[PDB]
Visitor: 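Here you go, one structure.
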Amino acid sequence: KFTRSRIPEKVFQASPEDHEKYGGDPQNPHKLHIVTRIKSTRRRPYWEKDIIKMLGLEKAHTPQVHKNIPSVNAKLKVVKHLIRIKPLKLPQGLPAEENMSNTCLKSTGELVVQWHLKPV
Amino acid sequence: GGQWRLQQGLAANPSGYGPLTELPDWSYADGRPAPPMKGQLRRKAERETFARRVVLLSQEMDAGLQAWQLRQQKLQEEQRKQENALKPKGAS
Amino acid sequence: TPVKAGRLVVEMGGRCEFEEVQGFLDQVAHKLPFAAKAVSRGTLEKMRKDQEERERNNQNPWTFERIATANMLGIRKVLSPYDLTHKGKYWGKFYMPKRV
Amino acid sequence: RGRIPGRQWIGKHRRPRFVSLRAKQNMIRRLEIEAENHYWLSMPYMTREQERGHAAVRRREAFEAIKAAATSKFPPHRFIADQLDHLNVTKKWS
Amino acid sequence: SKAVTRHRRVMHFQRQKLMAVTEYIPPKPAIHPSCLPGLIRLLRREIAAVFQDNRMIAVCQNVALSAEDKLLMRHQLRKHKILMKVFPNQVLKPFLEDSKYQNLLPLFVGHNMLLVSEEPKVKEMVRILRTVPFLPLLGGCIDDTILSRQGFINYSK
RNA sequence: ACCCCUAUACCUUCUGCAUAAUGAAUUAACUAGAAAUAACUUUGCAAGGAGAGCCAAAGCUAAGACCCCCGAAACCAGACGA
RNA sequence: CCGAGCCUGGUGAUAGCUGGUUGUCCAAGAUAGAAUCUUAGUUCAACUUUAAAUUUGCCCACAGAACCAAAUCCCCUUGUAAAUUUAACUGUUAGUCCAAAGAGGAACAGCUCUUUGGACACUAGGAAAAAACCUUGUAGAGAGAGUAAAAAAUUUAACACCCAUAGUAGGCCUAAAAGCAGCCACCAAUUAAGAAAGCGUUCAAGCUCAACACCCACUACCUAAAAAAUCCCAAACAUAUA
RNA sequence: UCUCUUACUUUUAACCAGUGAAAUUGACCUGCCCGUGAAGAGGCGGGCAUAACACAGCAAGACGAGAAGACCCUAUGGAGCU
RNA sequence: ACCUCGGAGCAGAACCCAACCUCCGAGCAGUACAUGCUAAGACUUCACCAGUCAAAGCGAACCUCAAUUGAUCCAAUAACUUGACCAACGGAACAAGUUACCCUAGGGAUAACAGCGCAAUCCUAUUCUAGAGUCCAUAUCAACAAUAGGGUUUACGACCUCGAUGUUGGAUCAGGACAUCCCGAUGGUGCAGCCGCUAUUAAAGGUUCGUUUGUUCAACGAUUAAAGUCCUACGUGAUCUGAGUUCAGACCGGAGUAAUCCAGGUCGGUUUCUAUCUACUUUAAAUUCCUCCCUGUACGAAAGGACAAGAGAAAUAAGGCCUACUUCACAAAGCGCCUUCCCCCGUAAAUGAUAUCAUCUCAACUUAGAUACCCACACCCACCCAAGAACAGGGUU
Ligand SMILES: C[NH+](C)c1cc(NC(=O)CNC(C)(C)C)c(O)c2c1C[C@H]1C[C@H]3[C@H]([NH+](C)C)C(O)=C(C(N)=O)C(=O)[C@@]3(O)C(O)=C1C2=O
Ligand SMILES: [Mg+2]
Ligand SMILES: [Mg+2]
Ligand SMILES: [Mg+2]
Ligand SMILES: [Mg+2]
Ligand SMILES: [Mg+2]
Ligand SMILES: [Mg+2]
Ligand SMILES: [Mg+2]
Ligand SMILES: [Mg+2]
Ligand SMILES: [Mg+2]
Ligand SMILES: [Mg+2]
Ligand SMILES: [Mg+2]
Ligand SMILES: [Mg+2]
Ligand SMILES: [Mg+2]
Ligand SMILES: [Mg+2]
Ligand SMILES: [Mg+2]
Ligand SMILES: [Mg+2]
Ligand SMILES: [Mg+2]
Ligand SMILES: [Mg+2]
Ligand SMILES: [Mg+2]
Ligand SMILES: [Mg+2]
Ligand SMILES: [Mg+2]
Ligand SMILES: [Mg+2]
Ligand SMILES: [Mg+2]
Ligand SMILES: [Mg+2]
Ligand SMILES: [Mg+2]
Ligand SMILES: [Mg+2]
Ligand SMILES: [Mg+2]
Ligand SMILES: [Mg+2]
Ligand SMILES: [Mg+2]
Ligand SMILES: [Mg+2]
Ligand SMILES: [Mg+2]
Ligand SMILES: [Mg+2]
Ligand SMILES: [Mg+2]
Ligand SMILES: [Mg+2]
Ligand SMILES: [Mg+2]
Ligand SMILES: [Mg+2]
Ligand SMILES: [Mg+2]
Ligand SMILES: [Mg+2]
């Protein structure tokens, strides 16, 4: 019968070769996930549809910020075949109140806090 | 050329967050800037909400980390408070 | 009598070598209801080390057992719960020795 | 001359379909995206004991907002201005 | 259909794609490794014997010589006290180049045989070789000097 | 205007109808959702309400708003028919 | 139109059965089951709809659920916003394929029966046409753009050359069984031949192999079909930088 | 009767003139092959064919027309008989 | 056959979970006589009804079992209580057969024919090499078993059709497949010849008349070169038949109290349609047998006895014509006459490499290996015609 799948922790242990394959330091882990739904919830079970609705990924190709905490990670572990997960990188730090209206997310996943629309 | 645009960092659709789609369409001939476009106002509002969400989650998790730190601090003070109130006697 | 794949059906020994039995043993094993083969101790060990060597030097980054156990792409919707232990080498009563 | 018995894609005898190069490449692309997901879920920030109660206040206040709305559901006011406004449908010049 | 059938069941197309992706890929060598770069000792004892003694050596070509004819030839040649040795070339040549009879070396090609004794008696060698006409007397040596068949005949007469 | 491209009439019935299942030539006209018990909404008055009778530990009074058409073979009564 | 005339009335007989049921626009909306003269129906539940009141509802951490597999139950966080109760009712309760675990049958069926999960009975693109397979859902106008799924690959069978006397018609059994009907042993001469591996003889006799020599070298890809009935079915193309 | 059918006449027939029905009919601008599909396609897919329009003939198809199947099953539907 | 209740599997681990699924049972017995009363909290057979456990308290003392069962009305009784194999077990207080004399409302939700699915059964091919064939697996046949294919049988399923898809055989006309019955070509033989057996290739052409039976079939008679196997809605009833089969009449045997019935026999029994659409309505190369000679030759001990080459004579099929015959008569016909022309591929050989031999070669290579018909074109009112339904066509000097 078809039922929910328990994914092994051996799957979710990273390896050094994976680390230089997708450069991310094990110490000082990244703080926020950029999660983007890249597949339909149709022809999928109702629990996966429910977890997509819980995570707020109803619209495809719309990035969303989630915490890098074990509970949110467990939800993403359930629904990992319909999404793309990237780390949220902050080159110029967290946005301030004076820089709230000039932000952009960009394709590389870097939340810049100054968007000028001018050439370098 | 979506993959090439992703490699250069300029989204994948050319109609996304670029100068071509985010600069004003027109302005008055005397030089007065046009009122802002509806799509650009909407997009700026969504980006504002996104950035406020980013700040809120980061500070909430930070506060959770220091709350755990001070909790553990109160834990090891209470195990380090282990002075015997009474000096042992008898067979000593 | 049920017979599963990888089970010796008959055993022979004595003061003989492989080819002598191998003739009529291939003759019988061709007539069996399933796929069968005349094997020796040496040939059975050789095929097992061959399968392990193919599994070791497989250059495909993706394997059936990795995808199935990690539930990659939601493939357990079209797989079976027995495929987690068969690892794609078995399909019904059929054994595919080319699968790694 | 060549017909599949019954319906094409159901039953004991089906029309065969074969895997093309682009179908294989599409699947391999999706496999790579999920290996990326595996890595980024493999690195967590906090632990469960550190996470235990960090958003309880915000979740509680969100639910109090929901309760406040669901309780404040109630009929609207009524207006002398609206009734005497309906008197205007016979407003003539002279 | 059941999960077990007497015929190969048609897979779900996603499972078929799964098998096609997870097929086995062998390692490819870069520059193709194919394109990349007993009896001898005992036979040395008897040849060392028959060249240290037995100073009449005669080389003949081993003509077919059907078994009754061969054995009867063996018997008159033994009645007249010579031996018929059959030693293979693959061990007899290297003994020649390291045992100084390199002038008798280029003669042991094809089927070969040795008429060998300690006594000179090339007279019935030549009469038995004239009784059987297809028998060449290829060559040999008498008293450690090389001699052709014209050698053998003027040492005879 | 055609030529190019897209495109398996409608209703009913059904698990599913382009179905080679049903009905229909077409026009005009005629031809098929009736109401109580309660509930809800809006008024009036209020420990009472209703122009007797009735109901009432906020109720009572008034209004609004909800329930189709065609079709058997038959059964009985009284006549009319050799 | 006599298995019981015809007419009128009761009569607008009755029909769990068929047919039909008339303006516009928007919204929510898909099937556990139990009883039943019941399985072509109905009532209750379940789901669904509306209106209210209230506070938790889904996802779930560790610990925990029995002796004789996939999973589930329970469940704090966390992610989210729904859930229960109260009031009032309809309708659905004749179900299809696919994946999985099974049962019946032929380890038949576009077969039948349960269970878990999809999709279909709702849109669009693809697999040729197309219900159920894959992609994708929330609605409009555009003579803009990035994509998802998405096009089947295979073509198989050459194998040596040359040579061969003989202890013996080894012994036993048999008329003979001689290497070769069946038994015991399996030594032994020549340089090198099994008391013989196939044939072949009533038995004999014969001819091939294993053996000398010979020599370049055993060259050794270890693989395998075909049929039906109107008329084959896109046209084609191995070679211009993913 | 048939082997094995032939010839003639009358009726019918076809043409001119007069009078003038019926069953049927969703709309039709109404092709062939193979495949598909509610499993037997004029209408779907791939190919092929293709100026338009009368008159006579044929009966392979339009699951052709007619009669809410004369068999079978169902109905808490009838009826006759024992 | 079953209908109610319980245990085990299916249903492996909270619960639940079906089949005319696989097994086992139940419709009580035994003890007690506080098996009294009362009452928080719960469980629940997926609803309800029904069912289940129980703290405390009063009063005493100091139930086992798995199912072991039956609602309401009503009846009995002073009361407490007690009443159905109501077993169709959520139970109507009490009612059987038969209908082909049948009727109605519906159903392709459901059977018969046909299509479709499937291939158990049926049919074929290969693989293996036991065995048979004096010896010899493989001239021929073939066990156990394996692989693959067909969709002709009997089923199985219930998907289209019950506001009709008319049915078995027969006539008429046949279209197609080849798994070939004859004719053609070839390989093997336990092939001397004649005959055979088996295999490869070949679907242009052909494949009879009768007696019994409704028969498909089957048997028999007489032939032939052969008297093929199938599919086509078991081809074909708006082209025909109606012998059979399953309407109303009747008889015999049997069954039943009877009505009536029999997957038994027998005699009789209405087969409608004026064609709207599609499609179609004149596409010249023919096969086979027999006779003679070859020839009593080849071959063979004899008995027997060819193949090629050639000549003739027919038969059928296609096309046409009336000189005679015959039906008949300005003519149409056959029973009469005339004409009728190509191959066809299985394999057998030569040279010759990969592999200095050899080798027919998915090596390069060599050999066995159509013409005919038609063809011009506003004389046209009208007449005639060997031309013709109308139209068209030919003649009118
Ligand atoms: C055609 N005939 C042989 C027939 C057959 C059957 N039965 C079948 O349907 C059988 N067909 C199978 C073989 C099952 C395919 C039949 O059932 C019938 C009939 C005949 C009819 C005659 C009817 C007749 N009318 C309608 C023309 C009539 O007026 C009378 C009468 N005597 O008054 C009838 O009897 C009649 O109505 C009738 O009963 C018939 C059939 O029932
Ligand atoms: Mg089909
Ligand atoms: Mg149906
Ligand atoms: Mg359709
Ligand atoms: Mg039609
Ligand atoms: Mg119909
Ligand atoms: Mg219709
Ligand atoms: Mg109907
Ligand atoms: Mg009645
Ligand atoms: Mg009278
Ligand atoms: Mg009515
Ligand atoms: Mg909606
Ligand atoms: Mg009932
Ligand atoms: Mg009913
Ligand atoms: Mg089904
Ligand atoms: Mg007229
Ligand atoms: Mg068709
Ligand atoms: Mg016509
Ligand atoms: Mg009807
Ligand atoms: Mg009923
Ligand atoms: Mg309950
Ligand atoms: Mg107590
Ligand atoms: Mg009952
Ligand atoms: Mg009951
Ligand atoms: Mg009768
Ligand atoms: Mg009727
Ligand atoms: Mg049938
Ligand atoms: Mg034998
Ligand atoms: Mg069914
Ligand atoms: Mg019908
Ligand atoms: Mg009809
Ligand atoms: Mg009809
Ligand atoms: Mg053939
Ligand atoms: Mg028929
Ligand atoms: Mg017809
Ligand atoms: Mg009748
Ligand atoms: Mg009569
Ligand atoms: Mg007729
Ligand atoms: Mg038509």
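So that the names make sense, note that chain A is the first sequence line, chain B the second, and so on, each numbered from 1. Be aware that this covers only part of the deposited structure, with contacts counted strictly within it. Both counts, for ligands and for their atoms, begin at 1 and track the order of listing.
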Visitor: I keep wondering what the drug at ligand 1 is called.
Guide: tigecycline
Visitor: Name, as the PDB entry does, the macromolecule that tigecycline contacts most in this entry.
Guide: 16s rRNA
Visitor: Mind listing the other chains that have a non-hydrogen atom under 4.0 Å from tigecycline?
Guide: H, I
Visitor: Are any other ligands or ions shown closer than 4.0 Å to tigecycline, and if so, which?
Guide: ligand 36 (magnesium ion)
Visitor: Which residues form the binding site of tigecycline when counting heavy atoms under 4.0 Å?
Guide: H:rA70, I:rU167, I:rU246, I:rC247, I:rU270
